[PDB]
J.: 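Here is a structure with Taxol.
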Amino acid sequence: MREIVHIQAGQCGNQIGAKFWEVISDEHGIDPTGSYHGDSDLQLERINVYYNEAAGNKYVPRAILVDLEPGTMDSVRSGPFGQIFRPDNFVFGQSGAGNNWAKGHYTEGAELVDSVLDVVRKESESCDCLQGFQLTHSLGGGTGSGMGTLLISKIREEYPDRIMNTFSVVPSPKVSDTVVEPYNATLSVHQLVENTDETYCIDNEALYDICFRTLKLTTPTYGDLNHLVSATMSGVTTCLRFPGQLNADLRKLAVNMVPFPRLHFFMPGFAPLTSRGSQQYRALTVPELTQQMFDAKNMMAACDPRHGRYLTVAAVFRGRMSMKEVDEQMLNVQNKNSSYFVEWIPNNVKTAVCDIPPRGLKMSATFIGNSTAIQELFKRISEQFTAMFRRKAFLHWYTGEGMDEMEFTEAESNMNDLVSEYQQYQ
Amino acid sequence: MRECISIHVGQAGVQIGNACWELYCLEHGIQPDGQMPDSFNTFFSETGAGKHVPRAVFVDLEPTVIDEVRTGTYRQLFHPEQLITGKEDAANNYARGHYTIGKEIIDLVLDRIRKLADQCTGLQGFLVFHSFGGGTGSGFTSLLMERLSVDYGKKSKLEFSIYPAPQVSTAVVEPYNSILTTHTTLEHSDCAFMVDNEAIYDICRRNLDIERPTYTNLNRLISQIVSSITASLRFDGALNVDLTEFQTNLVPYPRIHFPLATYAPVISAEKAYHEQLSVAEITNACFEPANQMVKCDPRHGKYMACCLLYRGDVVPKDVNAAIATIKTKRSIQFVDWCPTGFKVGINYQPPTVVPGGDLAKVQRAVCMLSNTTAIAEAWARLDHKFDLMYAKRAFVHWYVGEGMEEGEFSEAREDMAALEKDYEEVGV
Amino acid sequence: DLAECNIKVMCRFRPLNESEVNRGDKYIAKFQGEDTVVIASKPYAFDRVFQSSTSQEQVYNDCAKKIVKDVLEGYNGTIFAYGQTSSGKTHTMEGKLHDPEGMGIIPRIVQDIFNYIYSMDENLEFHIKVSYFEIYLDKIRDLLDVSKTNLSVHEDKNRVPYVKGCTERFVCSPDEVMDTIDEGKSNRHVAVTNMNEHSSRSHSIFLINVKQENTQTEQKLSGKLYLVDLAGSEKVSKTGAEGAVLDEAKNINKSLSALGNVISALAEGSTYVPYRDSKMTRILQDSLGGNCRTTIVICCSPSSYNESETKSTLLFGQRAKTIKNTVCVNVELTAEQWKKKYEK
Amino acid sequence: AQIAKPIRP
Amino acid sequence: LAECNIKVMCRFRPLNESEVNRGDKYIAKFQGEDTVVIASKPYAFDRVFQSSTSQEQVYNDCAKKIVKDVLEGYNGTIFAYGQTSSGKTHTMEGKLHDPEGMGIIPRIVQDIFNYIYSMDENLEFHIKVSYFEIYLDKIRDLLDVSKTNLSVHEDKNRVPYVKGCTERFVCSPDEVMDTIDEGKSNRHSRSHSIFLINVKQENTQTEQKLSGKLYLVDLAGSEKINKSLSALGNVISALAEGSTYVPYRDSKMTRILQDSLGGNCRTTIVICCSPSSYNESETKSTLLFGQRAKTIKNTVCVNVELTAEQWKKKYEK
Ligand SMILES: CC(=O)O[C@H]1C(=O)[C@@]2(C)[C@H]([C@H](OC(=O)c3ccccc3)[C@]3(O)C[C@H](OC(=O)[C@H](O)[C@@H](NC(=O)c4ccccc4)c4ccccc4)C(C)=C1C3(C)C)[C@]1(OC(C)=O)CO[C@@H]1C[C@@H]2O
Ligand SMILES: Nc1nc2c(ncn2[C@@H]2O[C@H](COP(=O)(O)OP(=O)(O)OP(=O)(O)O)[C@@H](O)[C@H]2O)c(=O)[nH]1
Ligand SMILES: Nc1ncnc2c1ncn2[C@@H]1O[C@H](COP(=O)(O)OP(=O)(O)NP(=O)(O)O)[C@@H](O)[C@H]1O
Ligand SMILES: Nc1ncnc2c1ncn2[C@@H]1O[C@H](COP(=O)(O)OP(=O)(O)NP(=O)(O)O)[C@@H](O)[C@H]1O
Ligand SMILES: Nc1nc2c(ncn2[C@@H]2O[C@H](COP(=O)(O)OP(=O)(O)O)[C@@H](O)[C@H]2O)c(=O)[nH]1
Ligand SMILES: [Mg+2]
Ligand SMILES: [Mg+2]
Ligand SMILES: [Mg+2]
């Protein structure tokens with residue numbers, strides 16, 4: 001009941017989804033072989049949300065792993081939680097996109113999207129009451145951006161009345177991993193804006209900042225960043241899986257947090273986030289959790305919320321806590337930061353409390369923020385796109401796979417319109 | 001026999017219902033399994049041997065909380081067909097609760113009510129428990145009230161809603177849902193008792209001296225209020241009061257049926273001693289603005305009708321003295337067209353204390369249900385929030401996209417302006 | 001080079017119907033003057049308020065007669081009807097296609113455009129192309145080809161949106177246009193509702209492009225004419241929709257709310273002006289805030305059973321009348337003049 | 001004036 | 001470039017019943033297929049048709065090349081010169097609505113429509129017809145009797161053309177057939193009929209437009225007051241002798257076929273003669289006409305124009 005189909009597209013999506021599934025299985029007491037070794041019945045009460053059943057009390061996740069190269073699929077299979085997945089769900093080609101959005105959306109992704117949609121359709125049909133779709137990808141690459149966008153469009157045209165929440169990794173401002181990030185990101189957002197219900201924007205720069213500042217990690221690796229992302233991915237849908245005093249589904253979050261249809265780009269966050277050797281000094285309470293949540297340092301997007309105003313905020317608390325404490329803390333946060341909140345919306349914050357915390361934590365929280373500050377990311381992406389596109393730089397690679405300059409202009413216009421809409425409500 | 005049906009819609013309704021049914025089972029000496037080791041026919045049904053089946057219908061589109069009821073300590077108390085669940089929630093959408101997702105279990109709940117209504121000889125009314133603001137507790141309750149009014153109509157209908165608070169709030173689309181539901185259900189309910197979480201939080205902080213009140217405590221307080229309301233049916237006493245008496249003594253005009261409940265004494269065990277808790281003190285503290293369960297000062301308005309439901313060791317002479325002292329006081333303001341705005345009800349059953357509860361064992365308690373014009377300011381602030389959100393037309397696409405014309409918002413706003421105007425007119 | 005024009009919003013009141021005259025309903029509309037209507041003692045001023053007895057010829061003459069001349073002169077024109085369920089949009093726009101007295105705006109426009117073409121200067125050569133599609137469940141369907149189940153709205157060099165892939169049929173005689181209209185109407189989606197027995201569940205769009213070339217002066221002009229028949233706002237209590245009709249109603253209401261939002265944005269002088277929230281608002285972007293001379297024919301019911309909807313439609317028409325358009329002649333540069341400019 | 005229809009095979 | 005000869009073909013009709021009643025004999029004799037011998041004097045032509053030859057034969061031998069060349073880029077012209085009642089209506093028009101005859105014009109329009117139906121689909125064709133005739137050096141529109149005594153202006157290139165005549169677009173072979181029938185009905189034969197179709201082939205992919213004009217014209221009698229034929233005999237005498245200062249402007253008949261006579265247009269000429277013996281004098285005059293007409297050589301270039309986008313691009317450089 002209220003099942004979620006999970007899709008991993010590209011290297012970033014796959015290596016984040018693997019951490020996500022390890023985290024979820026640990027939370028629900030599933031050992032890597034697929035057996036159940038938990039301690040509480042609430043783990044099995046709603047195991048149908050993220051898992052299917054099989055003969056022998058073995059639980060298989062309903063995850064669909066897609067890529068245009070088999071290397072990352074082999075890495076996932078060879079991992080510690082790799083044999084939990086269904087061997088039929090691995091759908092892959094043999095020619096990668098090569099960080100070409102056109103290659104992954106028009107030429108190589110088209111040949112694989114049929115089989116991917118077949119697996120998606122089978123998994124959805126096996127579900128009792130489908131709730132939504134979950135996608136992990138990166139906007140800065142070829143297979144992720146392009147293939148995930150094509151799959152999102154196809155699924156949206158196939159299931160128009162279902163939530164499509166995508167956890168995308170946006171290009172970082174200061175350091176660029178690929179030289180064609182602006183093109184891929186603009187072309188991916190041009191379809192994310194139209195074919196998604198709520199997209200969560202994560203950039204590696206904010207993750208590195210969190211790790212070095214709050215977590216005090218000397219050598220942050222991709223595992224730690226994927227782990228921080230998996231924390232908020234699990235925390236977003238905790239009310240679907242465990243009982244709580246005040247429950248909020250994905251659609252409830254979308255209704256509260258999306259005032260206008262095209263403004264569905266969110267900044268996620270997590271709390272508590274302390275360093276070993278500093279937990280004995282902290283005080284785990286709702287005020288401290290809220291102070292951590294609303295801090296600009298704790299955001300996982302490189303868009304400072306101070307340079308903007310919040311439209312809607314969601315606070316999905318976990319554990320045993322007073323509703324009075326939570327509501328008073330939210331009210332005082334809104335009052336003390338009135339300049340950072342929108343005035344034509346009373347009570348910008350939404351609250352959901354789940355009465356089951358993550359293992360080893362007495363309390364936890366996930367912060368979802370719809371801020372006008374996300375326009376800065378789009379503005380810099382559009383600036384880089386214009387700089388690269390006035391001079392036709394790196395453009396024959398995209399044109400050689402069947403794209404046109406008019407598509408680039410339309411994507412840029414859509415990005416500019418989204419920026420203008422965000423600026424209007426500020 | 002005098003029998004009532006309880007309907008709990010949405011998460012708030014079902015939580016309050018869990019508290020209320022724990023309280024009732026404690027009052028009547030029924031173990032949670034349904035085995036008693038009269039005066040229970042109002043809320044319970046007797047089977048061939050032992051098992052007492054409560055007259056409740058738990059309805060929610062979310063299956064989670066009804067599943068908690070199904071697996072909780074009160075598992076073998078309710079008839080499993082009474083507990084009704086959906087698949088997907090209303091997601092804080094009035095349209096989902098009313099038009100789209102509501103019209104998939106409405107036939108089931110109506111059939112269950114009819115089956116319960118066929119097992120009662122002297123049906124008296126409905127005790128619908130829901131919450132303003134939520135999608136289910138605003139959309140599904142409106143559809144259910146329409147169906148019940150069309151089907152039964154002559155039978156009474158009482159509501160115990162959770163009104164949105166001024167400052168403390170949870171949802172962001174709460175004003176829309178609240179105005180839509182109180183536009184739709186203004187013509188169907190006969191007496192809608194309203195409470196808000198913020199006033200109960202303040203009551204818990206000051207009187208009960210608990211700095212971290214949660215939903216369980218609020219549900220217990222509301223359960224005590226509803227037990228005080230319905231105690232006249234269950235137990236004996238001097239000046240017993242029925243639900244039709246509530247309607248005929250609390251509703252002056254057909255469009256003015258929004259009283260606010262108040263309870264006294266709400267004290268801890270430490271302060272249970274050191275206090276006399278006399279009838280006069282209880283009544284005076286019950287008329288205090290800080291003890292109101294709705295965030296509105298009654299001093300900014302005039303009382304129309306006020307019914308007092310005393311419990312426990314209460315003598316009518318004490319009640320008369322307390323009423324005289326209240327009437328002589330100048331701060332309380334009664335309207336001109338009501339020379340006598342006091343109805344008194346005395347009962348011999350003292351309030352019961354749930355084990356592991358904040359309330360203390362007291363010999364007497366009161367429940368003040370007053371129809372005052374001070375509730376107009378709550379409507380005013382809710383309408384202000386609605387107007388602010390609707391000027392920019394925010395969140396409207398979610399409601400419009402599930403079977404709701406854009407003009408329904410304007411119609412609801414006009415109806416609310418009319419209700420505010422009616423309250424102002426009756427004030428003068 | 002700029003000649004600003006407003007929206008020529010005009011109101012049409014249909015007579016009370018059988019289902020409404022036999023159930024205790026009263027004619028609430030009171031008409032004063034020739035351009036204003038009084039409802040609930042609240043004046044509303046429009047360009048022309050047509051009363052219950054107005055024939056199709058009169059509304060066509062006072063609404064769409066100028067649009068043919070404007071299109072053939074070089075400007076862009078667009079007319080779209082608005083209202084609630086069972087209000088008079090299909091009757092005003094198309095009506096009975098083959099009846100000389102009951103035909104609507106579209107057949108009269110096409111006949112007049114052909115007659116004006118015949119009465120033009122001899123040196124002109126005209127190319128006319130007809131497109132006819134609909135918006136059903138947020139999908140652009142071609143009513144002339146069922147294979148095009150859904151289409152897309154792209155943009156041009158000068159940032160104007162247009163439907164891509166729609167069948168463009170060249171025409172020579174009004175008979176061909178009438179056959180196109182008939183074939184399109186056969187495939188348009190209709191449903192049975194309590195308010196209207198032949199209710200339309202799609203936003204039909206009729207497009208004709210008139211390309212005009214002069215042989216002597218080589219000067220070339222183009223004109224785009226949109227004729228849209230929108231669906232009406234519905235209420236589940238009145239319509240009683242269950243099943244597919246409910247989904248159609250949901251999509252129709254969402255699209256109409258988007259259109260109302262864009263009209264309010266134009267009227268208030270906002271900056272974002274949300275054209276991109278729906279397909280219909282995208283297609284009519286240049287119509288509402290660009291290079292088009294647009295007239296809105298709002299249709300209303302005069303009964304007390306539909307007073308709230310009539311007031312909402314009246315407010316929509318009043319707000320639209322204030323918004324302004326920037327209209328210029330579409331003079332496409334010529335090849336001979338291009339080569340002359342190159343040489344000189 | 002005249003109206004032209006392209007003859008596309 | 002390329003130099004192509006103005007073809008000349010000789011056609012013979014069967015002896016008439018009046019001639020066999022009057023006792024006329026068969027003087028002309030056929031020798032081979034590329035000449036005809038009469039009066040013991042060989043006359044060399046490109047091709048000589050027998051008396052009983054079929055009209056499909058002459059169409060296949062003469063006109064099909066004109067059809068394909070006008071379809072691609074090449075202006076064409078075919079006309080008949082001969083004595084009265086020698087057969088220059090059946091040669092050109094024949095039977096308008098009898099499938100057996102379909103002399104030249106109906107067959108050529110059907111063939112051009114078939115060829116249009118064939119070949120690449122990515123091509124836009126705008127074909128325009130315009131039928132007009134002249135009489136006594138007065139140009140008169142044939143599709144509308146209102147127009148009378150028109151004139152000839154000058155286009156961008158040095159090519160005189162009729163100005164003001166109605167040019168009706170046609171889309172189907174039935175339309176061309178009915179417009180030809182109406183034009184012939186509007187004719188009451190000393191008049192010169194000029195039939196022009198302007199097939200304009202525009203390619204969307206290459207943005208290249210090619211305009212072709214075929215002239216299916218018919219002459220008047222040559223019994224020799226007639227003046228246009230005298231200048232027609234003067235212009236060919238200018239062309240055959242090669243003398244400059246050619247009198248193209250002497251008569252208005254030659255002012256329309258100026259590119260057909262020596263310009264950017266590949267043309268063929270047919271002559272009709274009679275084997276009768278009573279008309280020995282007038283028969284030799286038409287025979288010598290075809291021999292001299294072969295002496296002309298014309299230069300043809302593909303009529304190619306650049307689209308509006310192409311001129312814009314050349315301005316950028
Ligand atoms: C002795 C003790 O209490 O140890 C704690 C601990 O010290 C702290 C510092 C933990 C620790 O976390 C980290 O150091 C960390 C490393 C990489 C990325 C993110 C965090 C901990 O490792 C993490 C671990 O978290 C869990 O057990 C949660 O269930 C968590 N699990 C995982 O992330 C996970 C890790 C490996 C394998 C499988 C799952 C979780 C959180 C949300 C949703 C699902 C699961 C906890 C409480 C601790 C340690 C062990 C030191 C903290 O993290 C979490 C996620 O709880 C860091 O700040 C918190 C506060 C904790 O007190
Ligand atoms: N007193 C009390 N109020 C509650 C409780 N739970 C939620 N509320 C209030 O109810 C409102 C939220 O509505 P809910 O009843 O949870 O929503 P719902 O009716 O279940 O509708 P959906 O969940 O959207 O299907 C908020 O104002 C909460 O403060 C509760 O247990 N007790
Ligand atoms: N001016 C009019 N005179 C007479 N009958 C009319 C007139 N306008 C509408 N009607 C009648 O009303 C019915 C049509 O409703 P119509 O006018 O078709 O509604 P509509 O606007 O197309 N409804 P909808 O598609 O839901 O927006 C027809 O059968 C008409 O005969
Ligand atoms: N090849 C032929 N076969 C049969 N009949 C023919 C042939 N050629 C000509 N005729 C007939 O002979 C006559 C001459 O025809 P026509 O073609 O009318 O002559 P013309 O040379 O056009 N005369 P004119 O226009 O007066 O200078 C007509 O009756 C024709 O039908
Ligand atoms: N957190 C994380 N980020 C990654 C990982 N792999 C790649 N990225 C980021 O993703 C972007 C590159 O896109 P990628 O997914 O590799 O291209 P694709 O395989 O064509 O989709 C860059 O910004 C990388 O830093 C990973 O394993 N973990
Ligand atoms: Mg709920
Ligand atoms: Mg219609
Ligand atoms: Mg002749």
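Protein chains get the first letters and strands the later ones, always in sequence-line order, with residue 1 at the start of each. FYI, side chains are in, hydrogens and waters are out, and symmetry mates aren't considered; it's all heavy atoms of this structure. In each ligand, atom 1 is the first atom listed, and ligand 1 is the first ligand listed.
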J.: I'm trying to find Taxol in this model - which chains or ligands should I check?
T.: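 Every copy of it sits at ligand 1.
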J.: What's the chief chain around Taxol (ligand 1) in this model, going by UniProt?
T.: Tubulin beta chain
J.: Which other chains are in heavy-atom contact (under 4.0 Å) with Taxol (ligand 1)?
T.: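 Non-hydrogen contacts: A.
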J.: Provide the residues lining Taxol (ligand 1) within 4.0 Å, heavy atoms only.
T.: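 Heavy-atom contacts: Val23(A), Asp26(A), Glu27(A), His227(A), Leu273(A), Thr274(A), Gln279(A), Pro358(A), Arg359(A), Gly360(A), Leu361(A).
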J.: Just wondering which Mg(2+)-binding residues from UniProt for chain A are within 4.0 Å of Taxol (ligand 1), heavy-atom wise.
T.: none
